[PDB]
Structures are given as structure tokens and as C-alpha cells.
Protein chains: 2
Amino acid sequence: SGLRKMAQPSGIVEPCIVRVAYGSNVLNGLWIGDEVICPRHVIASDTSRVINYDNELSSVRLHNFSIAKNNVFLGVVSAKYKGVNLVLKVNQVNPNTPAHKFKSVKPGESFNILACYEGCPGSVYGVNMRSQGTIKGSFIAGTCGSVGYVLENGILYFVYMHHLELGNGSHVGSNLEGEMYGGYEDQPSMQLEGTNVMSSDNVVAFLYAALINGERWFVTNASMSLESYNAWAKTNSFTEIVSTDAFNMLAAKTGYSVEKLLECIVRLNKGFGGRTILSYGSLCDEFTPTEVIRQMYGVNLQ
Amino acid sequence: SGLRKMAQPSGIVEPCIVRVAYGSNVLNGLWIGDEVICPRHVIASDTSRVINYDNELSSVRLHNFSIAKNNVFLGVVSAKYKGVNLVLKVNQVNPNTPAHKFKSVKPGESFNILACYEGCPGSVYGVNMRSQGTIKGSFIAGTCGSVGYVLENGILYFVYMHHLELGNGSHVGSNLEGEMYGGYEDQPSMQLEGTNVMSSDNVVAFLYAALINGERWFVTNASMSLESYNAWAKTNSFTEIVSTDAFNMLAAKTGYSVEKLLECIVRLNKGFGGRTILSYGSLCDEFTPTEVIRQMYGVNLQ
Ligand SMILES: *C(=N)[C@H](C[C@@H]1CCNC1=O)NC(=O)[C@@H]1C[C@@H](C(F)(F)F)CN1C(=O)[C@@H](NC(=O)OC)C(C)(C)C
Ligand SMILES: *C(=N)[C@H](C[C@@H]1CCNC1=O)NC(=O)[C@@H]1C[C@@H](C(F)(F)F)CN1C(=O)[C@@H](NC(=O)OC)C(C)(C)C
């Protein structure tokens, strides 16, 4: 029993983290093959005013880079922008490059953050991509370049590189192609996050987890069609459910239909009445159906 | 900005996990050197009735063990009890044995759980040892033998191996010397957990983190001495603060004294009144002062 936000093991990613320093800036880079990827703003001369990245790459001095992993320093051969990321060809192939692919995470999907501090892997935790392309993590100075990843059907996927934090505390990053999530820009300009839309798929899985544990106070006999629930969701800042097929095992083992839980959401969306579901005071959308299944009946851990 | 329960990177521990099966029981073992450690109840024939471990070790058939790591199967040479743990001498040294030590965590101290499912490392997350020697994690069938660890001053410490779950959902394990935390017995008896005592040191760190992030609704002009709070905490299931010299840094740069936060605890212990601190609905004692400092000003990462 028990539900906890988790991260997939990080051992495969740790050997790819390097310290990247340029001028007075220090952050992290991803060393895979003969290439080091890091946020391009590390070569910006002043991150307090608008940045002319064209005029930063053209004045860059390759010898002024300092890339290191445990007293092993790499020389930069060439530098180019891949989106908002610098792609640095280095003079040494990473001997510990794992088999890997690249992909982007979508709203509601969970992935792992390897929080790195000035080149030192420090912690690992699970996160969830929000509707506006942001995550609510724990990033501070020197953690840019921290990598996000997911393991699926035994394949490492690099899906996130940290770039900045918005004024409201939300954390913005990019994919490994340099496309910033949510369309945000790596500039010190005032940028706003829209209304957050809660993942209905994850809230259903969250309620399934409570039932599996033994918490049943919020359930009744009432049900609601995915069509009636989707109509409400479009006006209550909730996503629309595309299928119940992802909840087949949960429904089979609990004996509760997705529609019965769709009704619990609209009813519980008005207030838990001082009550609690798995120690949470309101609806939680941080656990995906896969995350719940992995913890309750350790199946398909990747 | 941001506070999230995190785990230290697990790459150093992952290569020590093996699948241990005996008869119909399947769980995890820690393969370090020429020895594999796992909960001794893996040789129990019936885990629904009292177990005579003396008569189980005497009837044990070493060849009935199945220990494997990928395509590497290990042969058991000898077996002995170290407390509640089975110590199995094997015919092969783990080539990836890391430098390590063993120690026990104390109440209020945090550590990392590498959740393994029948020999497959599946996830990693942080936990906090409670006063009664239990943790509130997420363990299910087949996760016994999952190991807890901490990285301190560049030293890997093995500090936990999971054994069982109590009727109230609390999770029980032992250190690697075989001493069950909290004094529980590795028997299917209906054992009881006493009143949980909140770690005052960790709740203070939690409030410091909230202030650093930007929350202040809970702040008043009042403060409370450490003698007055300690007297209040002997009767409200909170630990006694022995010294404020663990928060000098947090108090110095937040501009709030421990005494102010001690008053916030006594008042907030009666309910947040619908409000939330860092998204929590009640006082949280799961973050140690060190954990907070690590996330707010990345220092002492190990
Ligand atoms: C990378 N190490 C930091 C991470 C940042 C520090 C505090 N909280 C965090 O997560 N990233 C940055 O410093 C970027 C780099 C600059 C720019 F994005 F290229 F312009 C500015 N950065 C910011 O994060 C700023 N945020 C912002 O620009 O909002 C538009 C702040 C938060 C002011 C550092
Ligand atoms: C190991 N894989 C499991 C983990 C267990 C499964 C469900 N929740 C968990 O954490 N551990 C066990 O099955 C032990 C082994 C037996 C014994 F401890 F040796 F007696 C029984 N176990 C239990 O966990 C039981 N709990 C218990 O004994 O209370 C003291 C339950 C969960 C009732 C099987």
C-alpha cells in the first residue's frame, strides 16, 4: 500500500552530466557522444537585459569554455545553436554514452528530473508537464542544464533541459531539439503562464489509487458519461478523457467504472469538506495511470 | 524556487540489486562483495502463521535459491542470520561493488529508497524515518529487500532494507546489520505502532522553506522561546529542540528567528483553516534542515 511521487532510476543518466562554465557563468551540460548540450544563455554576457543571441554566438571564444567531469576537462572544437540550446562538439567521446532517443513530453505526462548543481548530480525526482508547458519543480541558480528523462519499454528518452524560472515560480525548459516548452523565450522579459488545466486522466488514476489502498468515502452509486464530463471539463479548467481503455486494469481490480469516478471529480471539485483522499486535501493530478499501476501492482515499470 | 521531496542519485546502488527467489517467495537482495543480503522471511514456508526461523535455516536447501542479475546467476555457498537478515555467501564477487559503510538512521532523518520489484530497480524516492521506527513509503508484494541509502560526505551508507507493512499501512525495515527499526519482529503478528511524534526540527525547516519561497500568511509578530516551546512539545507529540544552531543560515538570510517559527508551529498545529503552506494542508515534518538548505542554496548536496 501507499502512494508516493517517484522517479525512475537515474544511474544511466548520471555519467552524462558535465559542468559547463563560460566567463562568470556556471551550469550543467549533457555529454553524449562527442557533443555537450547546455542552455545557450551560458554565453550571454548579461542575463539581466534582453539578449542578442546572434551577437553572442559570433563573439564566442571556444577556448574560454570550461567543461569538466571529475577533473576530466574537454576541449570545445565547434559551437552552434540548436534552438535555445548550444551544441558543443568536444574533443572526446563520452565513454559512458547510453543508448538513447529524444522525444517531447506532452501535458499531463510525467518524467524524471536529475537535478544537477554546477555539474554535480544532486537529486532526482518525478515531475509532470503542465498544460502551459511548465513544471513545478525545485530549481535555483546553477541548475540550468539539468536534464529530464523517461524510460519506456527499456529505452532512455531525453525530454527536458532546464532554462529558467518564471515570475510566478513556474519552471521552464526545452526539449533536446531546443524547442522551449510552452513557447517561452530564454529572455529576462516578463512572461506569463496561462490558466493551468488539470489532467482528468491523472485525477481518475489518483482516485483509483485511493480505492486500491482502501479509501472509499468519496464514492457512491452515481456515474457520468465521458461526453457529459468532457462538456463540464471544458468550462472547469479540466482536460477531456479520450478513452477508459487506460483504466481497464484499475477498473477490473477495484470493480469501479471510470464514469463513476468522473462523477466523483465534479462532486469533489467543489470541496473535500475538510476530508482527505490519501492525505491530500484536494484533487491531485500529479499521478498518471501508468504511475499508479506501477506502484500498486508493479507492472510495466518502463 | 520550489520545494520537492527528492532522492539522492541512485546510480551507485543500482548495480548491487539482485533477484532472490526461494520456493514460491521472490524478492530483492543486495549483492555486495561475495555476499547477498535479503530479508530472512524469504525462506519462510508460510507467512500467514508464526515462523520458526531456527527450524527454517536448519531445513534450508541452498540449491533451492535462485539469485540472478540479468544473465548472471549466483550460487549460494552458505547462509547465516544477521539479525532479521539472511546473509548468503555466493560464489562470485560483485564486480560493481561500491565503496560503502553501514549505519542506522535516527528518527527525523531522511534517506533514499531504491524501490526494486523482484530484482528489477524500479524507482527512487526520498523518505523520512518516523519516531516509531516506521516510514510511510509505497511498498507492495515483491519489493522486500529494497534498500535505503544515504550519501554523506562522499560516503555511501546502506541504512535500510524493507521487510513488511503493518496493519495501519506503516512500512517496516531493518538496517543492514539486521536490527529491525522500531523493534518490530519479522513475524505476521498484528503488531501495533505507537503515537507518531513530529520532528520539530524538520517542521521549522519546512516553515523556513515556505518563507524563502514567498509564503507569509501564517506569520505574526509573536515569538516563543525554546523553553516554552519545548514544554509545549512534551505534551503535543512534537520533539524537543535542543539547539537553534542548525538554522543559523536559514534564520540569517530569511530574517526570521527560530523562536518566531516555534510560535507558528504551536498555532498552526491546530489546523491551517483551509489554507496551504507550500501546497501542504498541514504541518510537514518530512524535510530536514539539511534537505531544505540543499534545495534552496545547493550546498552540502551529500
Ligand atoms: C539557470 N541556472 C537559471 C535557473 C533559475 C535561477 C532561479 N530559478 C531558476 O530556475 N536560469 C536563468 O538564470 C535564466 C537565464 C536568463 C534568461 F532566461 F536567459 F533570460 C534568466 N533566467 C531566469 O531564470 C530569470 N527568469 C526569467 O527570465 O523570466 C523571464 C530569473 C528567474 C529572473 C533568474
Ligand atoms: C515483501 N516483499 C513484503 C512487502 C509487503 C507486501 C505488502 N506491503 C508490504 O510492504 N513483505 C512481506 O510480505 C512480509 C513478510 C512476512 C513477515 F513479515 F515475515 F511475517 C509478512 N509480511 C508482511 O508484510 C505482512 N505484514 C505484517 O506481517 O505485519 C507485521 C502483510 C502486509 C500483512 C503481508
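Chain A corresponds to the first sequence line; subsequent lines are lettered B, C, and so forth. To match the PDB entry, the residue numbers of chain A are left as they are there, and the shown ones run 1-302. Residue numbering in chain B adheres to the PDB entry, whereby the residues present occupy positions 1-302 in order. Note that these values count all heavy atoms, side chains included, but never hydrogens, waters or copies made by symmetry. We count ligands from 1, going down the list as the structure has it; atoms in each ligand are counted the same way.
Ranked by contacts, the chain bound most extensively to ligand 1 is, in the PDB entry, Peptidase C30. PDB records give the name of the drug at ligand 1 as ibuzatrelvir (bound form).
Other chains near ibuzatrelvir (bound form, ligand 1) (heavy atoms under 4.0 Å), by letter: A. Looking at the model, one finds a covalent bond between ibuzatrelvir (bound form, ligand 1) and A:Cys144 SG. Nearest to atom 14 (C) of ibuzatrelvir (bound form, ligand 1) by heavy-atom distance, out of A:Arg40, A:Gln191, A:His163, A:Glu185, is A:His163. The residue among A:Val84, A:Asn168, A:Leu27, A:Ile140 with a heavy atom at the shortest distance from atom 5 (C) of ibuzatrelvir (bound form, ligand 1) is A:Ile140. Residue-level proximity to ibuzatrelvir (bound form, ligand 1) for A:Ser189 is carried by the backbone, the only part with a heavy atom below 4.0 angstrom. Near A:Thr143, with a cut-off below 4.0 Å to any heavy atom, the atoms of ibuzatrelvir (bound form, ligand 1) are 2 (N). For the ligand labelled ibuzatrelvir (bound form, ligand 1), residue A:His162 lies inside the 4.0 Å heavy-atom shell. Lab note: ligands/ions < 4.0 Å from ibuzatrelvir (bound form, ligand 1) = none found. In summary, the atoms of ibuzatrelvir (bound form, ligand 1) found under 4.0 Å from a heavy atom of A:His171, numbered by their order in the structure, are 10 (O).
The shortest N or O to N or O distance between A:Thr47 and ibuzatrelvir (bound form, ligand 1) is not below 3.5 Å.
Listed by atom number, the atoms of ibuzatrelvir (bound form, ligand 1) under 4.0 Å from A:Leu164 heavy atoms are 11 (N), 14 (C), 18 (F), 22 (N), 23 (C), 24 (O). Using a 4.0 Å cut-off to heavy atoms of A:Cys144, the atoms of ibuzatrelvir (bound form, ligand 1) that qualify are 1 (C), 2 (N), 3 (C), 4 (C), 11 (N), 12 (C).
With distances taken over non-hydrogen atoms, the option nearest atom 9 (C) of ibuzatrelvir (bound form, ligand 1) out of A:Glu165, A:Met180, A:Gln187 is A:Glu165. The contact set between ibuzatrelvir (bound form, ligand 1) and A:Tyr53, taken as ligand atoms under 4.0 Å from a residue heavy atom, comprises 19 (F). Which parts of ibuzatrelvir (bound form, ligand 1) touch A:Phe139 is read off a 4.0 Å heavy-atom cut-off, strictly below it: atoms 8 (N), 9 (C), 10 (O). The residue-level binding site of ibuzatrelvir (bound form, ligand 1) (heavy-atom cut-off 4.0 Å) is A:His41, A:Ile51, A:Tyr53, A:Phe139, A:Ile140, A:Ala141, A:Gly142, A:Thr143, A:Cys144, A:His162, A:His163, A:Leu164, A:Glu165, A:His171, A:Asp186, A:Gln187, A:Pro188, A:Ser189, A:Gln191.
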